[PDB]
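Proteins come first, then strands; the chains are lettered A, B, ... in the order of their sequence lines, and each starts at number 1. Just so you know, ligand 1 is whichever comes first in the structure, and atom 1 is the first atom listed for that ligand.
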Protein chains: 2
Amino acid sequence: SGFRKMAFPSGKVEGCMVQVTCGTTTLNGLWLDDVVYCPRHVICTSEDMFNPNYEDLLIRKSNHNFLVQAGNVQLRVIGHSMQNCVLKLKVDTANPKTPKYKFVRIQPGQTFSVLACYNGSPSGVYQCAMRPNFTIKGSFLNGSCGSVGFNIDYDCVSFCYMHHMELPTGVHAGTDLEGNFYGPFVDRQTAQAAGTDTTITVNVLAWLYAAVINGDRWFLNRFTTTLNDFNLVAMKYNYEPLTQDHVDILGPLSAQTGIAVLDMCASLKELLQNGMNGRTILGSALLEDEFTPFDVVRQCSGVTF
Amino acid sequence: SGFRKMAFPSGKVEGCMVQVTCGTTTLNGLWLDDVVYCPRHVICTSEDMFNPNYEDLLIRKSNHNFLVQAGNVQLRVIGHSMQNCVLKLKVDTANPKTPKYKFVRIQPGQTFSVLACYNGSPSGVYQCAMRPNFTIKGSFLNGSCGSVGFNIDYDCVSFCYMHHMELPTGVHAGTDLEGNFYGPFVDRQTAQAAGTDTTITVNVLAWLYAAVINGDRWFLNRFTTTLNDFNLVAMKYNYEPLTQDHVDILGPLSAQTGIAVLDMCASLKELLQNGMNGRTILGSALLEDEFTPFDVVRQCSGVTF
Ligand SMILES: CC(C)(C)[C@H](NC(=O)C(F)(F)F)C(=O)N1C[C@H]2[C@@H]([C@H]1C(=O)N[C@H](C=N)CC1CCNC1=O)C2(C)C
Ligand SMILES: CC(C)(C)[C@H](NC(=O)C(F)(F)F)C(=O)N1C[C@H]2[C@@H]([C@H]1C(=O)N[C@H](C=N)CC1CCNC1=O)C2(C)C
Ligand SMILES: [Cl-]
Ligand SMILES: [Cl-]
Ligand SMILES: [Cl-]
Ligand SMILES: [Cl-]
Ligand SMILES: [Cl-]
Ligand SMILES: [Cl-]
Ligand SMILES: [Cl-]
Ligand SMILES: [Cl-]
Ligand code: NA
Ligand code: NA
Ligand code: NA
Ligand code: NA
Ligand code: NA
Ligand code: NA
Ligand code: NA
Ligand code: NA
Ligand code: NA
Ligand code: NA
């Protein structure tokens, strides 16, 4: 028993982390096969990052201008190109530790593990969730760029995020592994603001199922409700509208616990209108919305990789 | 910026995880050099675990009775012995992925990363803290035994915990890598209860420093206090007595933030007597005591491994 913010094992991702240095800027790169993916502002100086012309800054750069280091071995760059906000550095040696992988673009509310790195070396791993405002809350410092977000399915590592910048409210923004930003953000040091964030409703319900699985049951009531009646109350508390797709995704958890999804919605409805009354759930005095239904099943059933 | 429950990169530990099967019981083992460490109740049946005689159960076992699998390769066992509550299975092949490591016995209040495994395969990683009652809150299911807790210093992996059992209150107990249990617990299915747990005071203060580092400052006041005056108030809220050693350990954080330790104690004193007044700290409405001062510095300064 027990429930924890559990990240995926980062071993497969650690074997692909490299150091990328262009001039005086040093960032992290993702070494898959014979290509190194890294944020495109590695070619920027401190003054370039205000109004950067990445196309122009890349013309004045040759292959030898990119210093890629895998541990104590320097990777010879034999090609380079730019795909949106990421550079593709072609090296003459393929990474032997390249795991089976895929490039995916996750949806808001979905979670992933972040392997925070500096100078091509991993510092730690934690769990994150793509907020509905297309930002992620993170733990990133300068030099963390190129660190990636990921999910693991059996032997396949699905890369879904690459860090790029931090917003004034302390949250972080980045792109997918094709350089496409999550949200209306751009990689330049100007005034940028994240939109109003909302609470991921389907993840809150999944977190309530984990609580029931682990013995936390005081919030359960004999009432039921309709999807329309629940969304009318949740919308006033800045909660995500619960769709039929979310109910179908919560099916596996509802079947294992024996609690209908609309029953759990009736419990969440009471929790939003009356609070927690000095009580906690899984040791937390606040509702938790960064646990997908799969995160609950994977943790409570022991899915391995 | 940002602060998160961050675990160490588990890559070095994943390369040592193996599957250990004795009869019908399958657990996890730690493959370091040519020795596999695993919990000693792998030789137990379901009925043996009530009043087990591990010495007697081991006499009736030969080397070939232990089935060790590293991925798709079976490791031939050429020796076996028991050290307290752990078995040392000597194999004929040394693990090439053996990292620089050490066996340490951590103190209450210190943290580590748990690589939860099943059938020798990693399921996830999370951060844990050795509670003052010598239990750890965890996320373990049946088959999780042999999973280990660890800390990383540069290139050295310090193994400090091995999972064994779960207590009735949902918490978990285990041993060090020499088979010595943490606390007065034994590896048998009988009535066992964890003592009254307390809040790790020095870790709460370290968590308050991380909050100040990340902009959370509403709880700061102009008051100061003495170590004697703070411990008199904290003792009534079931907090750990703050010692001079704890103040010296918080030195690095106090110097970086420019806030004296006794000043932070004056803030914590007010927080314990008056609550949080509907406010949060680092998004949390409860005080956090599983972040050592080193965990704060390592995360907020980007220490890599
Ligand atoms: C935070 C700062 C106000 C400086 C700025 N923010 C905005 O410009 C915004 F407001 F538009 F977001 C910003 O992050 N950057 C300016 C510039 C890059 C980037 C950057 O330094 N990346 C770091 C690389 N290691 C990761 C860091 C550092 C701090 N926190 C992180 O996460 C680019 C957008 C090209
Ligand atoms: C939880 C149970 C009431 C069954 C019992 N607890 C107590 O006997 C106590 F109350 F004394 F703690 C207990 O855990 N065990 C009985 C027996 C071992 C062990 C065990 O099953 N280990 C599992 C191995 N994969 C890890 C698990 C399983 C569930 N939760 C975990 O963490 C031994 C102590 C030899
Ligand atoms: Cl956690
Ligand atoms: Cl840097
Ligand atoms: Cl129930
Ligand atoms: Cl009541
Ligand atoms: Cl977290
Ligand atoms: Cl099992
Ligand atoms: Cl301040
Ligand atoms: Cl006020
Ligand atoms: Na629990
Ligand atoms: Na200009
Ligand atoms: Na591929
Ligand atoms: Na600003
Ligand atoms: Na149930
Ligand atoms: Na913050
Ligand atoms: Na008997
Ligand atoms: Na050694
Ligand atoms: Na019991
Ligand atoms: Na300060």
Discussion item. Just wondering, what drug is modeled at ligand 1?
Written reply: nirmatrelvir (bound form)
Practice prompt. Report, using the naming of the PDB entry, the chain with the greatest number of heavy-atom pairs under 4.5 Å to nirmatrelvir (bound form, ligand 1).
Written response: 3C-like proteinase nsp5
Worksheet item: Other chains near nirmatrelvir (bound form, ligand 1) with a heavy-atom separation under 4.0 Å: which ones?
Response: A
Worksheet item: Which chain residues come within 4.0 Å of nirmatrelvir (bound form, ligand 1), judged by heavy atoms?
Response: A:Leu27, A:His41, A:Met49, A:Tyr54, A:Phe140, A:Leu141, A:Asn142, A:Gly143, A:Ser144, A:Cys145, A:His163, A:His164, A:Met165, A:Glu166, A:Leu167, A:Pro168, A:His172, A:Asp187, A:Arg188, A:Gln189, A:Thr190, A:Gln192
Worksheet entry | Which of the nirmatrelvir (bound form, ligand 1) atoms, numbered from 1, are nearer than 4.0 Å to a heavy atom of A:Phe140 | 32 (O)
Discussion item. Under 3.5 Å between any N/O of A:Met49 and any N/O of nirmatrelvir (bound form, ligand 1): does that happen in this structure?
Written reply: no
Practice prompt. Specify the source organism of chain A, per the PDB record.
Written response: Severe acute respiratory syndrome coronavirus 2
Fill in: Contact atoms of nirmatrelvir (bound form, ligand 1), heavy-atom distance to A:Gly143 under 4.0 Å
24 (C), 25 (N)
Worksheet item: Mind checking whether A:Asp187 has an N or O less than 3.5 Å away from an N or O of nirmatrelvir (bound form, ligand 1)?
Response: no
Worksheet item: Is A:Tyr54 in polar range of nirmatrelvir (bound form, ligand 1), meaning some N or O pair under 3.5 Å apart?
Response: no
Fill in: A:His164 N/O to nirmatrelvir (bound form, ligand 1) N/O under 3.5 Å
yes
Worksheet item: What are the atoms of nirmatrelvir (bound form, ligand 1), with element, lying closer than 4.0 Å to any heavy atom of A:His172?
Response: 32 (O)
Worksheet item: Residues of chain A touching nirmatrelvir (bound form, ligand 1): which UniProt domain claims most of them?
Response: Peptidase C30
Worksheet item: Just distances here: any N/O of A:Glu166 and N/O of nirmatrelvir (bound form, ligand 1) closer than 3.5 Å?
Response: yes
Item to complete: Report yes if some N/O of A:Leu167 lies less than 3.5 Å from some N/O of nirmatrelvir (bound form, ligand 1); otherwise report no.
Response: no
